[PDB]
Q: 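Below: experimental structure, entecavir triphosphate bound to Pol protein (Fragment).
Here is how names work: the chains are called A, B, and so on, in the same order as the sequence lines, proteins then strands, and each is numbered from 1. Atoms within each ligand, like the ligands themselves, are counted from 1 in listed order. Only this structure's heavy atoms are used, side chains among them; waters, hydrogens and symmetry mates stay out.
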Amino acid sequence: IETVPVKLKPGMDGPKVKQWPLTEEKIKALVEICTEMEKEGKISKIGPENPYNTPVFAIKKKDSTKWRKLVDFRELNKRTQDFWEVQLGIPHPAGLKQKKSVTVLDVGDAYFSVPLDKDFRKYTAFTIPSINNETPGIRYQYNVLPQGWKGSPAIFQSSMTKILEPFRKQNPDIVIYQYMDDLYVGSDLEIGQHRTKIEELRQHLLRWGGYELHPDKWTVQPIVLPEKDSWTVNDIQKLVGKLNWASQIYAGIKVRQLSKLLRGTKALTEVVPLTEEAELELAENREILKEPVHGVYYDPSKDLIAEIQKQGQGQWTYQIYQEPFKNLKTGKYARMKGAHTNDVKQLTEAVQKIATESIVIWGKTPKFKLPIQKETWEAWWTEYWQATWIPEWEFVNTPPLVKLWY
Amino acid sequence: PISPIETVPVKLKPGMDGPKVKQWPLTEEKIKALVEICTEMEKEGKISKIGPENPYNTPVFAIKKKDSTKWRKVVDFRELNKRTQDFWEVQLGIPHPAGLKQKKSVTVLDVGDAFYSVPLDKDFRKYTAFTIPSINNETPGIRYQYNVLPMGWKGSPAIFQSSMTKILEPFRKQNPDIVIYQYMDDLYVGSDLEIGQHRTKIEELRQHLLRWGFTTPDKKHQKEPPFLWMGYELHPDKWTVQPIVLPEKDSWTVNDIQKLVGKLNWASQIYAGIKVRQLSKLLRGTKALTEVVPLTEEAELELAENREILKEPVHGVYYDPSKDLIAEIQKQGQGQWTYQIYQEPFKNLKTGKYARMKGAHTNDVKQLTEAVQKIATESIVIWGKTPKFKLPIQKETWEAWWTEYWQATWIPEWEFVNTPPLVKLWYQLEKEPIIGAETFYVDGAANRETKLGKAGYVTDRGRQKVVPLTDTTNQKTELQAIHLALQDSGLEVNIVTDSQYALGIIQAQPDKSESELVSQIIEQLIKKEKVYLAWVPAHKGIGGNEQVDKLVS
DNA sequence: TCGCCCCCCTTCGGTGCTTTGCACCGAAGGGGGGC
Ligand SMILES: C=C1[C@H](COP(=O)(O)OP(=O)(O)OP(=O)(O)O)[C@@H](O)C[C@@H]1n1cnc2c(=O)nc(N)[nH]c21
Ligand SMILES: [Mg+2]
C-alpha cells in the first residue's frame, strides 16, 4: 500500500512539547511496548536532529490489567490539516445516543497496518525518560498511522468500513461510530445479550487485526429553586441573585416583585413573609426553570465547551455549551469509590464521563474549563485516566457567586 | 581517535546561510596553546585546512580546564548557532546521588576528548570555518574547518550524547546487572560482582569503547572510594557534597547576593533548614549588578543561621528499593518550607526547600499543597514513585479545607506529625448568617478617569459611613468598603457586598497577600469571632445594597 | 567574548475578562550545579 500525502496547517510547525516525569512502572511498560513496536517496524529509533516531540505516558484499565501506551498528540492534532477539506472526515450517527447500551472498544491496533507518509513521520517523535536520569531520553517516531493521531481514523476510513460492513449488514439496528481509536457500539438488547454481540464484533475484527454506557439515564439537571415555609432576607437575596443570573439564560424572568420585599436596610436573619405578588412571581419562575430553554441548537461547525463545579459530598455539576448561556446540556456527575477521599480522581473521572457523553451525542469532545489549579491537576491526573483519547482543557478559578446548579 | 559511528545529518534553518565574522586578538600563551591543539588536531584528523572559496568564518578562543594545566579550545559560534536547526535535547535531567542504590563495586570513568572523537556531518563541516590569529599583527591567520563536534556549537552536546547512547547500548543489553549512569562523557559503573569480576567487566567496557574511538585515560579512571561524581563524593555507605564556600564580604553587590543565594540553594539539597527569603528580598527593585546593597537586619540573621547550619557535617544515604520513601515537611515562616526525604529515621536521602510565592493572595494550606506537589515530582524523577508524607497539619484542618474550598484538591497518603508551627486555617467564613450580629451593606465605587473613589456602608442597626479615597481603583474601593465594615463591627458580623472580585479573594481564606490592603483585611478576619459574607447583584435596587449604593454616590 | 541540561528568585510582557486593573502564566534576566 502507498502513503496518503499529509500536511500541517499553513504556517504551523510540528509539536515541541517536553516529556514529563514517569513512574518506574510506566517507564518499564513503555520500554517493553516500544522495543516490540520497534522490532515490528511500527516505530523507529531517532536522534536529536529531529526537533519535534510529544509527551508519552501509559494507562492501565483495571479489568484489562495490561498497560496501554498513550501518546498525547493533542498539539499535533491541532496543527494537522483538516480532513473535511480533503473529504476524509467521519460522519456522526444521530441514533447512537438513542440506544440503551453502548460499549467502547479500543481498535487502535488496526492503524498499525497502514504506513504513514514518510515526510510526515518526523512530527510523531516522542521520548522515553529515564529513572533518576541514568541515561538520556530514548527517541522514537512512527512509521505507521499512530494511535491518537486524528489523521489515522480519516486515512483508515475506507478500510474500516469494509471490515465493518458484514457486521452491520447482519445487524441493521446496531449503530457503530468511530471516534479516534475507539468504536462506540450501541444497541437496545438485554444487558447479557448486548454483551454477547459485542464479543461477536470483536472476533470479526480479530480475524483481520470497556464497560456498558447507558444514554437513556443521562438525566438533565435543571436550575432548582429552594422550597421553604418561611423565608429570611438572606434567603430572598440568595434567591434573587440566582434568578438574576438565570435571566441571562431563560426568557422573561422577573424579580422586581421580590426585590422590594427587601425594601429597607434589613437584618439578614429577619423573616420576611411572602406577598401574593411575590408567591406569584416565584412559582412562575419555578415553572420556567422546570422545562428547558427554547431556541438552542447544536452547531457542528463550532467547538463544544464544558464547565464543571465541585458541589461537595462527591457531587459534580456540569454544563456543555457552544455560545455562553445557551447550554446544550446541563448535568450532575456523582461517583462513589466508597472512600470519598479524592477530589482529583473524581474530577478526572467526571471529565472522562462528560467527554464520553459528548462523543456519543455529538461526535466530538468539549474543551473543558477545569475548577482546579493547573499544577495540582498535572501532579495526579494521569493516575486516573482510562480513555485512549484526551480532550482539550484549561484551568479556571471561579469562586461561586451563586450556587446556580444546586 | 575518531569514532567510525555514522554522522548525524544536520541542517541550517531554512533561508539561512553560514556565519561570516572576523577573529579578535588573543594572547601569546593562548595562541601557542591553540597551535599545539590545532596543528595536532589536524594531525589527528580533527580539523582540515581550507581556503578562500569557503566564505564562512567564526572566531576562536581558549579557557582553562580543571584538569591541571590543560586548555580547552572553544569557538564563538553564536552566529552559526542562531542559524543552525533546532534539536530535541535528550538530556532530560540531572542524576542525583540519593537515587543510587548501594553497590558492591563502583568505577567512575571519563572519555578523553569526547566531542573530538565524534565525526561531524560532512556537508555541514564547511559552516564551521574558523581562523587561528597567532599574535594577530604578524601574518593573516590559517583557515580550518571542523571534521568533528566543535565545543561551542549548539548541536554538539545532543549529537555526542546520542552517539554515546548508541555505543553503550551492545554493552547495556549484554550486562543488565551493571548500572551505567551516563552523564555527557562521564560514566559511573556499579555492580554487585566481586571486584575481580567487576574489573573484568570494566576492562571489557573500556575495550568496546576504544573500538568505537572513545579512550578512557587513566587519570580520569577512579577505582577507589570516595568517587568524585557530579559534584558529590560517593562513599560505600554515604555521600556528601563537595565543599561549599560561601562568599564573605563587608560590602555586598547585587551580584554577590545573587551568588550567595545560588550557593545556598545548591546546599539545600543536603543541608536541612536553609532559608533564602530575606537575602533574596535584597535583590528586589535593584537596577544594576554592581549596585551596593546593605544587608538588612533580617538578612544578616538569615545569613548567620545558614552559616551555622553549613558548619555542621552532613551526609545523605543511598536508596533502598525494599523500604518505603518518606517525606516530612516543616513550616519556616513567610511562605518558606523545608523538607527531608528518608527511609530510616535520621538517615536522610536528601533534603530540600520550597519557598515560591504563587499568586497575589494565598494561604499556608495551599502552599503546603504546592510543597507536596514539588516533592512528589522530584520523587518521581529520582526514584520512580512518590513517598508517604508526614505533614504538620491536622486531619480536621485538611478536611475543613477541601470541603469548604471550591476547587478540587488533594494530598496523597499522609500522617499527621506534631512539629509546630502547625499549618492551619486562620479563619472560616460562616455558612449561614449569624443571628444577633449586625448586618453591613458595603459598597465602594471609583471613577476610572479620576482615580478618586469612595467606600461606605449602611447597617440594619442604622450605622452609616462614607470615606473618600484618592488614587484608587474600582476593585480597591470594594476591598476598602469591606475593610471598613470589619473595622467598625463587633466580633460577629454579617457583610453583604456586590463585588464578586472581593468575595472571590476572601472566600478562598487567604492568610497572606502581596497587597497591603488585602493583608489588613486578613488580620481583621483573623481577629473576628464569626463572619458571614454574602453577595448580591449591583444596581438592582435590593434593600440595603441599594441604600449604600445611593450613599456612595 | 562558547555549548547543552536541571534547580531557584525576580522581572516583564502577553492574554482575557460580560475588565478599564487584575490575576495568571511563560519566557528571560540573574545566580547555583553538572559535563
Ligand atoms: C561535555 C563535554 C565534553 C566533556 O568535557 P571534559 O571535561 O570531560 O573534557 P574532554 O572529554 O573534552 O577531554 P578530557 O576528558 O580528556 O579532559 C567535552 O568534550 C566538551 C563538553 N564540554 C565540557 N565543558 C565544556 C565547555 O565549557 N564548553 C563547551 N562548549 N563544551 C564543554
Ligand atoms: Mg572527557
Q: Which chain letters or ligand numbers go with entecavir triphosphate?
A: ligand 1
Q: Name the other chains in heavy-atom contact with entecavir triphosphate below 4.0 Å.
A: B, C
Q: Looking at entecavir triphosphate, are any other ligands or ions under 4.0 Å away?
A: ligand 2 (magnesium ion)
Q: Would you mind listing which atoms of entecavir triphosphate come within a distance below 4.0 Å of any non-hydrogen atom of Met184(B)?
A: 1 (C)
Q: Please work out whether any backbone atom (N, CA, C, O) or any side-chain heavy atom from C-beta onward of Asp186(B) is under 4.0 Å from entecavir triphosphate, and answer side chain, backbone, both or neither.
A: neither
Q: Write down the organism the PDB entry assigns to chain B.
A: Human immunodeficiency virus 1
Q: Distance under 4.0 Å to a non-hydrogen atom of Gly152(B): what atoms of entecavir triphosphate satisfy this?
A: 30 (N)
Q: Return the PDB molecule name for DNA chain C, nothing more.
A: DNA/RNA (38-MER)
Q: Report, in ascending order of atom number, the atoms of entecavir triphosphate lying under 4.0 Å from any heavy atom of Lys65(B).
A: 17 (O)
Q: Side chain, backbone, both or neither: which part of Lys70(B) has a heavy atom under 4.0 Å from entecavir triphosphate?
A: neither
Q: Tabulate residues with any non-hydrogen atom nearer than 4.0 Å to entecavir triphosphate.
A: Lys65(B), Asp67(B), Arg72(B), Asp110(B), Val111(B), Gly112(B), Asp113(B), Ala114(B), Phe115(B), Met151(B), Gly152(B), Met184(B), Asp185(B), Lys220(B), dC2(C), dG3(C), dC35(C)
